[PDB]
Amino acid sequence: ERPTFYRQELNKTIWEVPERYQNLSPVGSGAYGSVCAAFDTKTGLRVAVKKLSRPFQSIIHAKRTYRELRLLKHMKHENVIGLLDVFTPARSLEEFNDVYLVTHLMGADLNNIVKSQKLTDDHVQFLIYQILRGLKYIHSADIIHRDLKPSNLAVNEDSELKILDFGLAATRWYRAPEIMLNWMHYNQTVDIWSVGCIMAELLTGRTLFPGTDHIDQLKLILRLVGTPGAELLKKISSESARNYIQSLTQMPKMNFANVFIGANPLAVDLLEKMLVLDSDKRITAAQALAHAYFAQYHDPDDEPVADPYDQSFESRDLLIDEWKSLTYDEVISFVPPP
Ligand SMILES: CCc1nc(-c2cccc(C)c2)c(-c2ccnc(NC(=O)c3ccccc3)c2)s1
C-alpha cells in the first residue's frame, strides 16, 4: 500500500516524496520549513508540498507539529486551507523523522489580486462572503483565527478565496482594538473586526487604520469608532485600563455613511455592525452571512459548520516521543478528501 518514494535535493535539503508528486519546484522557505510546487499525477492538480523543519527537535516543536497537523486534518471547507495529503518517507515510528504536508497550490493572496485598488461592490460582496463563510466554519470549531489580514487570504483567478494561517511561501492594521489594548477577554468577533477592515479597504482602495505604531493604531481606530461609551466602560475590569481610556481624548463615533462616500448603503450598514468597538455587540460570522449585503451569494444550506474540535491536547505536557507518536498516528490515519 506504500507508494514508491524518490529523493531530490532542494534548496539544500533532501526531499523524499511519493512518485505521484512530480516536477518539484521550490517556492519558498522560512523557519517552519520549505514549500515546493508540484504536479500531482494522481489528480492532475498543481499542489504545494511543505516539508516541515525540525518537526520533533524539542517538546515545543513536536507539540506545534501535532497542533498544525491536527488542525489541518480538521479543516474541511472550501474557504479554509486544508489537507490533500500528509506523508512521511518513514516506514515505522522509529524511522519517523520527516513530515510533509500537501495542499492545492495557491498562486496569489488578496493583496496581489487587489493591487491596492478600489474593487467593485459586486467583487467585494463575493470576497467578503467567502471570508465570512470560512469564518463561520472556523468559529463553529471554537477556533479564533486572530490574524486575519490580506496576506492570510489566498485568492485564485476566479476570485475563489481560502483563509490561511501563515501566508504564502503591518499585521496591526487589521487587529481588533481589544487586542491592541491589553483586554484579556476577547471573543471570536476579533476576526469580524479584521474582516471589516479588509472590507473597508477593498471598497475604498485605502487601508482603513494604517497606524504607524501601536499607539497611532488605536488613535486611528478610536477616531472612527469613538471612545468607549458608558456601557463598554462598565465591562472594563482594571482601574488603570479605564484610567487609560479616560486620559485619552473623548471623541464621538463617526457616521460611516459620511466616511465611506458613495458606497452601497448595505456595505456601510454591515461595516457599522462589524466595526463596533464593543465586541459583545459586534456581528458574528453567521449573522453577517444573513445580512442583505450578501443576498446574491447567501445560501443558508451551503454555509456548513465544522465537527466539534477536541483541543484538550493544548493543556497537556507530554514528552517529545509522545508528541511524535501522536503525530505519527495522525499521519497514518489520514484519509484523503473524495
Ligand atoms: C508559509 C507557510 C506555507 N505553507 C504552505 C503549505 C503547503 C503545503 C501544505 C500546507 C498545509 C501548507 C504554503 C502554500 C500552500 C499553497 N500554495 C502555496 N503557494 C505559494 O506560496 C506560491 C507563491 C508564489 C507563486 C506560486 C506559489 C504555498 S505557504
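To match the PDB entry, the residue numbers of chain A are left as they are there, and the shown ones run 4-172, 184-352. Every number for a ligand or one of its atoms is a count from 1 in the order of the listing. So how was this one determined? The header says X-ray crystallography, 2.0 Å.
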Exercise. If you rank chains by contacts with ligand 1, which one has the most, by name in UniProt?
Worked result: Mitogen-activated protein kinase 14
For this session: Indicate which of LY309887, TAK-715, SYR-472, AZT-TP, AZD7648 is modeled at ligand 1.
Result: TAK-715
Problem set entry | Organism in the entry for chain A | Homo sapiens
Exercise. So which heavy atom in the protein is nearest atom 21 (O) of TAK-715, and how far is it from that ligand atom?
Worked result: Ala172 N, 2.8 Å
For this session: From atom 9 (C) of TAK-715, work out which of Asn115, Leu55, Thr106 has a heavy atom at the shortest distance.
Result: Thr106
For this session: Could you name the option among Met78, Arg49, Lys53 that has the heavy atom nearest to atom 7 (C) of TAK-715?
Result: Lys53
Exercise. Any nitrogen or oxygen of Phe169, main chain or side chain, under 3.5 Å from a nitrogen or oxygen of TAK-715?
Worked result: no
For this session: Between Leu104 and TAK-715, find which residue part has any heavy-atom pair under 4.0 Å and reply side chain, backbone, both or neither.
Result: both
Problem set entry | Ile84 to TAK-715, any heavy atom closer than 4.0 Å | no
Exercise. Atoms of TAK-715 less than 4.0 Å from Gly170 heavy atoms?
Worked result: 1 (C), 3 (C), 29 (S)
For this session: Map the residues of chain A touching TAK-715 onto UniProt domains and name the domain holding most of them.
Result: Protein kinase
Exercise. Tell me, which protein residue and heavy-atom name are nearest atom 19 (N) of TAK-715, and how many Å apart are they?
Worked result: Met109 O, 2.7 Å
Problem set entry | UniProt ATP site of chain A, residues within 4.0 Å of TAK-715 by heavy atom | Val30, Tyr35, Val38, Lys53
For this session: Give a yes/no verdict on whether any heavy atom in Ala40 is under 4.0 Å from an atom of TAK-715.
Result: no
For this session: For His107 and TAK-715, answer yes if some heavy atom of the residue is under 4.0 Å from a ligand atom, otherwise no.
Result: yes
Exercise. Using a heavy-atom cut-off of under 4.0 Å, does the side chain or the backbone of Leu167 touch TAK-715, or both, or neither?
Worked result: neither
Exercise. In chain A, which UniProt active-site residue has the smallest heavy-atom distance to TAK-715, and what is that distance rounded to 1 Å?
Worked result: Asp168, 7 Å
For this session: Identify the binding-site residues of TAK-715 using a heavy-atom cut-off of 4.0 Å.
Result: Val30, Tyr35, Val38, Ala51, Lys53, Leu75, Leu104, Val105, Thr106, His107, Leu108, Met109, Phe169, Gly170, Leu171, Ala172
